[PDB]
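This entry carries repaglinide.
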Amino acid sequence: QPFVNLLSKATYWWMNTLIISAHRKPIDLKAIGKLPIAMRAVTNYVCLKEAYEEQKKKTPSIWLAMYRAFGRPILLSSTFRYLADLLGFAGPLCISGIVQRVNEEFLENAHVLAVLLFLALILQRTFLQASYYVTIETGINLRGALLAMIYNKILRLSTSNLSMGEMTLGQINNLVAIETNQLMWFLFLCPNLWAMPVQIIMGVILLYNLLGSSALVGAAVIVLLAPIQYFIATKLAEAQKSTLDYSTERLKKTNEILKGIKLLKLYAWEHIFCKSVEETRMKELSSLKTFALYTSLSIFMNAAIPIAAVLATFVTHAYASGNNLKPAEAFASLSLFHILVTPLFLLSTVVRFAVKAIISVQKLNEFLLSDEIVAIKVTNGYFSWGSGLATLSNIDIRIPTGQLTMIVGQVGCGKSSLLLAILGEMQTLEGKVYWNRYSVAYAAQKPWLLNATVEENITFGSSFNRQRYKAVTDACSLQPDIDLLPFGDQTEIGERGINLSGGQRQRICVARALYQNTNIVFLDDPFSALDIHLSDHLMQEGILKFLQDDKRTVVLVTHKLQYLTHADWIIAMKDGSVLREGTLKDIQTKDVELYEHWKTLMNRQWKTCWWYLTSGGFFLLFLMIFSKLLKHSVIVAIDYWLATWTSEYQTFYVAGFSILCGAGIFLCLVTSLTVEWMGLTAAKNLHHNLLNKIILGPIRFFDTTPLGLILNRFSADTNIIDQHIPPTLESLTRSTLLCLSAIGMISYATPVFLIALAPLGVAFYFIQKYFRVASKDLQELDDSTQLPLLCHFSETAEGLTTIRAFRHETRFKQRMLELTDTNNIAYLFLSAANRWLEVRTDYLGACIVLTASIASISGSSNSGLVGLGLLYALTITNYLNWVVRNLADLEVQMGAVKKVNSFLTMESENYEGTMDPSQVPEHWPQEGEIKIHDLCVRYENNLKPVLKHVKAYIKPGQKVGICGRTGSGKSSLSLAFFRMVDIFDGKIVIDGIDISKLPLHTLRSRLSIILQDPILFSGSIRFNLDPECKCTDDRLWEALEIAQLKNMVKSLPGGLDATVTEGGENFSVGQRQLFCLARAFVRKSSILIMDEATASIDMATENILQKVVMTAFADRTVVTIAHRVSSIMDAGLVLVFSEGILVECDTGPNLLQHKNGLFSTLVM
Ligand SMILES: CCOc1cc(CC(=O)N[C@@H](CC(C)C)c2ccccc2N2CCCCC2)ccc1C(=O)O
Ligand SMILES: Nc1ncnc2c1ncn2[C@@H]1O[C@H](COP(=O)(O)OP(=O)(O)OP(=O)(O)O)[C@@H](O)[C@H]1O
Ligand SMILES: Nc1ncnc2c1ncn2[C@@H]1O[C@H](COP(=O)(O)OP(=O)(O)O)[C@@H](O)[C@H]1O
Ligand SMILES: [Mg+2]
Ligand SMILES: [Mg+2]
């Protein structure tokens, strides 16, 4: 009975059910059983950690610890691998014996030898496939522990700027994605280092015995394949490494277009800004050409050399040896080269991965050495962010139990430092910290949000309590902003989630601390980017009413001393030293100056598959498929030619043999180049069009579509097409022809074999049909679960302070251990499913050999031909698997092309204008007059007009003001000028021309608009002044001085051509608004649209805008939508829009004069 269990483990019958289930229902984690504790990340991490700690007892070596953990399984796998190679060598020996016994006793009989071959091949591949699976179990178990192990370091890292920085996040994000995968892949290929070289030595050893001194000449050439393959391998790495480099920043430029896409389209240089991506795109391809050529060359040397090896052998033996070639010798030896081609060709891969693994392990072992770390009573505190210099000195604070212990100080002054020191985030060189450590609900000063729901973010692993959630939402005033969110409390936020504003981001985290039921809180300047009212609102209810009900301690570091009276305690610290400790009563009496000085500052106020091929052009598609037929035609004839030559058992046969191999070598070059030459042309045309369609795409699409999904087309899907399809498409065509031809050639040698084909074809089709859908679905799971694992590691890296603060370590560790477990299963059952296919094609493959062996014995053909059929029988079993696995890989990759093709045909905005271009003369908007005729404006095809029946004549040069109710038709009207929102009815006429009846790009260009938050794109300031570059350089300097920025610019390096960070990082927010004004003047628009211009702008900077607008654009007409409606008091023409209706339309003073209308209530 236990033989049944051994067999079932040996042929992966256990996977079979799942495979069949894939047809009935998609395979999913529910359908896949839970991973055994023998392979869960917990046990693997414990084993590896125990080995590593024993090593640390003996710096410890990662390599030796990994061996001590995972040695026995790879020893077993290598034993299986040897037993597989030795039985694989039965192939040539059995073929030689058969051919000798045929053509005229227990072992000599061909039948007994034929059956022996059938048992050998079955046993060879049962062993060989099992040997692969053991390493995969070992390899995955290794990746299981490492991801757990390096994660333990992340929670124990230190956030000091010295030990952690922007460079640090590069390693950890890359270590999980790359360093471990390279280390895992090495383990998959670990046996080969001592398996393939043993086979190579044996293969040559047999060759000499088969032929004589001739085979060495052929063996010598074949040996040279491996050094060639390594030299080609290195050149691929440099070609690919450069290729990734251009691709990496090409995505960065892609992100800039896709984020803030409206901004580019408004200024009409969406086309021009796109071409900046094409410039890098051509360089990306210029790396690919060097890569594609070398990949084709690697294919060439994989085929041209063995054919040159045989040509070197048989020609040699025809002269060095008096004996004419015998049929048994030829096809025994000729088979052996096919046995040796794969290990010689792939040996460059295993050694290269050995180099990569040793690179990563050294990289990963450097990682581990990275630096690792009265409610609150601290006396004589001395804290330092490393650097051997106490960043905090003379620290002595007391935080009374269950009271608001607020801290006051100036810029710097150890503001955030004091809190983190209590949390163990920095070294305390002296003193002692007494939590008189409980869980501390610290709030990060910076905004760090998980890629999950707001409710999860506020609960943060706490049991839901809507009444407790109610007060938190009310006290932190999270209720109103929630209504705006798509899925409410189930709105996923963060980098993966919806992009928020700074003020709303801060309140979410603060709410978390109130949610957590702990005696201690550390609220770090929540009002950093908040309105004063909400902070006052929080100080009344959230700070006092909510917390005092819980009677928990609060330590709120504050900069406005107006709330110190509310504070039960005040802590004054400056220069990293505590100025004085005491309440407001104690501080004023003891430190009279502090009371006045603070108050002084307080006073201060598969049809796609065919579609993909045709992309290059019919000739390129024809040439590839036409030539590949010819290559096999010559190759097969070469194998046949030996049958004609060896049937003799001699300058004729050799002569015809050299030329054939000459064409075979040459045709190998042609069929190698044509496939890749298709790939680049197929790669270029697909991506080239795609960027155009997105740019012309409607703005409404970008609002609907998540930003993560759109960029995925250019990041992953385009990567698949460019680099993965041409390799797979090459191997599929090569493997199919070999399988199609070999079955043909065997059948031609033994026509009786065709009767035996009827069942075998049926069996192959069912395995081909069923596995494809089972591998495709598992493939989706492997990618699906891999991505959140990387997201978790990046999320835990950022803001470890909170994780250490809340004592959320263990819960977060558990999340990772389960997250990786869901990922290993997907990859493990992807490899086990793939193994199931390989076993059941060899069990099928052995049947082809067995039928070919038995049929050939019965046939009385030429002794060479019966040998030839057996040769292809052995080759079939090798390639009959890759015709399925590559096809599955091709089918999945055709998914990317299907997605791209949809985007290509999905949508466009109508850039063409019906009226002739001659209609618009030079400087059309010069007049500046605006005319609105019964306008109706709604972006969504079926929706109410956001602007309805709008009509208000605008005089030329009139600083018209438009305002109303918050969220009631104010900004929509702005884009209505820019036609971004379709004017379903009515019309807008500017200077006697309806804006609808004009080319779209003309309308966008000749206008000037300023959004609420200006954004500056990567490049020079000249790039941000005129991407079109048409404007002469003289004007560019004028605008900055007009914008009052030229003086600031001159200090910057490079003068006018000064590099600018993407997104306006270099310039301050106030400075950012200055950049737009520079763009405003150059256009000579005569129309300015300042929608929410003063919004998100400091009052000091705001005065400049009013100074600039009244002066710089006096002749221009400024249609202002003010953040503060008071600025429209002096507007000569003022429009009020409520519910999409012109509720008030008169002069500013006349608005108060006519009646206490909407504007009058708006201001007052
Ligand atoms: C675990 C993922 O990877 C594997 C890994 C293995 C273990 C393994 O030494 N393979 C040999 C193949 C045989 C022909 C030697 C090999 C060696 C060097 C380079 C690649 C490969 N192979 C692996 C990558 C695909 C190309 C051939 C088996 C099977 C697989 C697999 O596909 O599932
Ligand atoms: N995590 C850290 N790593 C290294 N240096 C730090 C760290 N936190 C603070 N410092 C340094 O300690 C000093 C005082 O920082 P402090 O805690 O007062 O900041 P802050 O006033 O809260 O900051 P900000 O208001 O700019 O956000 C500064 O020199 C600062 O660079
Ligand atoms: N992307 C969107 N999709 C659907 N409706 C929106 C979208 N953005 C805004 N709205 C709604 O349309 C109105 C537009 O208001 P608007 O006139 O643009 O002034 P503001 O921009 O100051 O809200 C808002 O009340 C809002 O509720
Ligand atoms: Mg700070
Ligand atoms: Mg608005």
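All residue numbers given for chain A refer to the PDB entry; the residues shown span 217-274, 282-327, 343-611, 666-728, 745-913, 975-1018, 1028-1542 in order. Whatever order the structure lists them in is the order used to number ligands and atoms, beginning at 1. These numbers come from the heavy atoms of this one structure, side chains and all, not from hydrogens, waters or symmetry mates.
- Put simply, copies of repaglinide show up as ligand 1.
- Here, the chain sharing the greatest number of close atom pairs with repaglinide (ligand 1) is referred to in UniProt as ATP-binding cassette sub-family C member 9.
- The source organism of chain A, per the PDB record, is Rattus norvegicus.
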